[PDB]
Amino acid sequence: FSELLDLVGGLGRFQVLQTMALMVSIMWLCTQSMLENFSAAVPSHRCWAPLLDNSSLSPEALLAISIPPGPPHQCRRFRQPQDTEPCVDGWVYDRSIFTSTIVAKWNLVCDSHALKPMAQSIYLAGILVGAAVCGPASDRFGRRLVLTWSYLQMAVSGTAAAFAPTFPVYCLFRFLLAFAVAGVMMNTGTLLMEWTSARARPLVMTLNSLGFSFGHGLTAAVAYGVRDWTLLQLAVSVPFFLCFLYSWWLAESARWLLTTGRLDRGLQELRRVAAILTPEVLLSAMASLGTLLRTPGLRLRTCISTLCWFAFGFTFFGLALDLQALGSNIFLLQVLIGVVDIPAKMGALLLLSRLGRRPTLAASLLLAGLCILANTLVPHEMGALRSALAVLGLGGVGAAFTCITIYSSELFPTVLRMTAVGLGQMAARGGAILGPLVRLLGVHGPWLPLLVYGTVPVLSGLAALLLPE
Ligand SMILES: CCc1oc2ccccc2c1C(=O)c1cc(Br)c(O)c(Br)c1
């Protein structure tokens, strides 16, 4: 089929336009994923005290004689002004930064604090389900078709979540949104790979990753503009209506059409792509998980690659989804994640050729994990150092993702390569699901979630030294 790609052009105006459009879509998809740390940012909250909120003393004195001291206690109040009782009358939140939030809306604080990470997990669960369902669908129905329907579902579910009346409805529609983002991601990747020459595959993968890198800054900018969770979610999910509208101009994969037997439709598609070669030419021109697991020589490589994918997913979605614990200024941290991923991913791609492939991946994972451990080790007062170290850790885990994406392909033969990549992606999605869950260990101590997030990638990088090349 590569001969047909060369005949049409392989790389050119069409490929660059498609890559730019899909990169914008991926930027908005990253905004959808990472919006939760702005639309669910826990504000400073305290029990609604009658004396503070009437239903002469300075406000400090009133807050001292109404709310007991805490590690001011955020979920207890004195029975009478100065015996403590829970927030009988509800909570009062600090709206200096964020005017509204899901935490502030459904009181996902203390007794129900777990509902905040749990919701995130549900979102990250949907992706794992979406990849499971949108995977075969793209192989049964067109890849561009599944991409278009994924865009539509993302837009609709994002709007519905932005207008969710109760918490379960919000969780359900975020699950549906994740189900759709899984399809968007998979079909964007497949469409990029299936329209560019085999030489440029690492380049297109790196550009796809830079899509998320830019999406980080896009999320920061949009959150800075919009401080209301409803309006934030609505604004983030609105552009997917336009994505759905213009996805019809994307060229469906000619490889898929030719392989499945749509010779005439694929011929028309590839002629259209070449414009921006008789049917006989195309006619002449044109590995289950059990097999991969059964081979005894690939057990170690399979396990180590899967562990690396899982480490990336777990660490990245356990850290990037809670940036308030990593630093102080959440908007600046969100910007810095992308601003460091760009150079980090470029440098990873650079060292993937001269320093090696296994050493680069191992060094990236070890640096990310050690930066996370140092961030949880340094004093809390030294906030700038903690923020910088967390930014470096996220940059390192992104670089490790680039390394593993470009590396796990070569680790397996041309026949088991797709199966190994799919297994790695599923492991990464499962790790992402587990990511937010381990934040529930923060009750035992805020240091423990970061200890886990640091000791996972460090161990994965240590085990990545056992790979062949
Ligand atoms: C570059 C890694 C990354 O950065 C993000 C920012 C916001 C939301 C999701 C991501 C995200 C992914 O989940 C991801 C997971 C797999 Br597996 C891939 O093959 C690709 Br491509 C991207």
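Following the PDB entry, chain A shows residues 3-57, 66-81, 85-95, 112-305, 315-324, 335-517, kept in their order. Atoms within each ligand, like the ligands themselves, are counted from 1 in listed order.
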State what ligand 1 is bound to in this structure, picking the chain with most contacts and naming it per UniProt.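 The largest share of contacts goes to Solute carrier family 22 member 12.
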Drug identity at ligand 1: benzbromarone
Any UniProt transmembrane segments of chain A (N-terminal one = 1) with a heavy atom under 4.0 Å from benzbromarone (ligand 1), and if so which?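 Going by heavy atoms, the UniProt transmembrane segments near benzbromarone (ligand 1) are 4, 5, 7, 8, 10, 11.
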What would you say the binding site of benzbromarone (ligand 1) is, if we count heavy atoms under 4.0 Å?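 With heavy atoms under 4.0 Å, it is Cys32, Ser35, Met36, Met214, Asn237, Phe241, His245, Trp357, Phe360, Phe364, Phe365, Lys393, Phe449, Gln473.
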